[PDB]
Q: 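One structure, pasted below without further comment.
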Amino acid sequence: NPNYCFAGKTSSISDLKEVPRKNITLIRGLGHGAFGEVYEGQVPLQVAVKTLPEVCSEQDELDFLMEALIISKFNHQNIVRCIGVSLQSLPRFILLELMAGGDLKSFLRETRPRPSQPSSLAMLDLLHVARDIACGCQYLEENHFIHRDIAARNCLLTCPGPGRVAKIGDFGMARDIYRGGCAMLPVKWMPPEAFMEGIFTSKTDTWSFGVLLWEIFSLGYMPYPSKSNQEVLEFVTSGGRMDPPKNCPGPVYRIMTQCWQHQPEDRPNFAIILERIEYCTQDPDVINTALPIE
Ligand SMILES: C[C@H]1Oc2cc(cnc2N)-c2c(nn(C)c2C#N)CN(C)C(=O)c2ccc(F)cc21
């Protein structure tokens, strides 16, 4: 069994909280898509159940174990909790905090202000999401964990409603690197030194967060509209940056452009990003700005 080290402390599969299988009940599917399905479950503790396909390879198995280790060792309110695992029966389960709000990309797209729901979302809602994730990112940074795929699709919300809390909910890219091809690399979330030299640092996540910010304030659009991966790659390598999302306040767009500085040393750390997000939330001109209605 493979070891895992986080914050200088080493852990193994023996450290995972094995929950007996008879205590776990699947309720409904929530989605599958990627390698494996996710169910809503009960253990009464309500959970999301990540499953390992019984038809899988050794590396799939090791990947599954590793992400169980990774998530169980984090302890922060803006990173999804692991309730436990069930690895001693098939199919194997990872049990996660149930985030009833779903993933952030879908949330933004489905909850866009609309003539029927003209006020479904406000700027403050987006700023709170941004703060939530930047807080999780700061926790990762200060523990020297590099996520490598900070993106709306990998974030979750506790609930649909106003008191929703956003958290990072997938660590599959960090897991692969810890131990995929070009076409699957998240190049649209990657800084120039990452997709060119394969160099990753805490400043890798800063760039990606800038792109997430754009995702948030665009209300769920795909980055670099109309551009393929290679076109984005060459665009960004040449100094190109995205325009402001529609109606985006200038103070918010400024955080994005600072996150997108070519030199990683010129990009803010997450403490500074949080400061600027906080300042945006205080500023009436920012938060009184109306989001577009589809
Ligand atoms: C591993 C999985 O985790 C959860 C998924 C959900 C809730 N809570 C957790 N923990 C969820 C989703 N949609 N809906 C409607 C619900 C609900 N209720 C999203 N989904 C299907 C995913 O696969 C997914 C996507 C991104 C991510 F970061 C983690 C996950």
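Here chain A follows the PDB entry for its numbers: 1093-1135, 1144-1279, 1286-1400, in order, are the residues you see. Indexing begins at 1, ligand by ligand and atom by atom, following the structure's order.
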Q: Which pharmaceutical agent is found at ligand 1, per the PDB annotation?
A: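 You're looking at PF-06463922.
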Q: State which chain has the largest number of heavy-atom pairs within 4.5 Å of PF-06463922, named as in UniProt.
A: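 Largest number of contacts: ALK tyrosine kinase receptor.
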Q: Who gets closest to atom 3 (O) of PF-06463922 by heavy atom: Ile1171, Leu1196, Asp1203, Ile1119?
A: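 Going through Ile1171, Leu1196, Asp1203, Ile1119 one by one, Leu1196 has the nearest heavy atom to atom 3 (O) of PF-06463922.
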Q: Please check atom 20 (N) of PF-06463922 for a protein heavy-atom neighbour under 4.0 Å.
A: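 No, there is none.
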Q: Which of the atoms in PF-06463922, numbered in the order shown and given with their element, are less than 4.0 Å from a heavy-atom of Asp1270?
A: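 Reading through PF-06463922 atom by atom, the close ones are 28 (F).
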Q: By number and element, which atoms of PF-06463922 are closer than 4.0 Å to a non-hydrogen atom of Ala1200?
A: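 What qualifies from PF-06463922 is 18 (N).
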Q: Side chain, backbone, both or neither: which part of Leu1198 has a heavy atom under 4.0 Å from PF-06463922?
A: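 Both backbone and side chain.
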Q: For atom 22 (C) of PF-06463922, what is the nearest protein heavy atom, given as residue, atom name and distance?
A: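 Residue, atom and distance for the closest contact: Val1130 CG2, 4.4 Å.
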Q: Quick one: does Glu1197 get an N or O within less than 3.5 Å of an N or O on PF-06463922?
A: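 Yes; the residue has a nitrogen or oxygen that sits under 3.5 Å from a nitrogen or oxygen of the ligand.
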Q: Pick out the nearest UniProt active-site residue of chain A relative to PF-06463922 and quote the non-hydrogen distance to 1 Å.
A: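 Nearest UniProt active-site residue to PF-06463922, heavy atoms: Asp1249, 9 Å.
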Q: If we set the cut-off at 4.0 Å for heavy atoms, which region of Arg1253 has an atom near PF-06463922: side chain, backbone, both, or neither?
A: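 Under 4.0 Å from PF-06463922, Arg1253 contributes backbone atoms alone.
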Q: Nearest heavy atom to atom 28 (F) of PF-06463922 wins, so pick from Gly1272, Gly1269, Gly1121.
A: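 Shortest heavy-atom distance from atom 28 (F) of PF-06463922: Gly1269.
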Q: What part of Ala1148 sits under 4.0 Å from PF-06463922 if we count only heavy atoms: the side chain, the backbone, both or neither?
A: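 Side chain only.
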Q: Closest non-hydrogen protein atom to atom 5 (C) of PF-06463922, residue and atom name please, with distance?
A: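 Among all protein heavy atoms, the one nearest atom 5 (C) of PF-06463922 is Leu1256 CD2, 3.8 Å.
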Q: Mind checking which UniProt domain of chain A carries most of the contacts with PF-06463922?
A: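 UniProt calls that domain Protein kinase.
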Q: Name the UniProt ATP-binding residues of chain A with any heavy atom within 4.0 Å of PF-06463922.
A: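 Heavy-atom check against UniProt gives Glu1197, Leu1198, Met1199, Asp1270.
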Q: Just to confirm my output: which protein heavy-atom neighbour is closest to atom 14 (N) of PF-06463922, and how far is it?
A: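 Checking every protein heavy atom, the shortest distance to atom 14 (N) of PF-06463922 gives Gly1202 CA, 3.8 Å.
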Q: For PF-06463922, which atoms, with element, lie under 4.0 Å from some heavy atom of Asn1254?
A: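 It comes down to these atoms of PF-06463922: 28 (F).
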Q: In terms of residue, atom name and distance, what is the protein heavy atom nearest to atom 8 (N) of PF-06463922?
A: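 Result: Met1199 N, 2.8 Å.
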Q: Which chain residues come within 4.0 Å of PF-06463922, judged by heavy atoms?
A: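 The site of PF-06463922, heavy atoms only, is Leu1122, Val1130, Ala1148, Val1180, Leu1196, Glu1197, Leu1198, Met1199, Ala1200, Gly1202, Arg1253, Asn1254, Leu1256, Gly1269, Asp1270.
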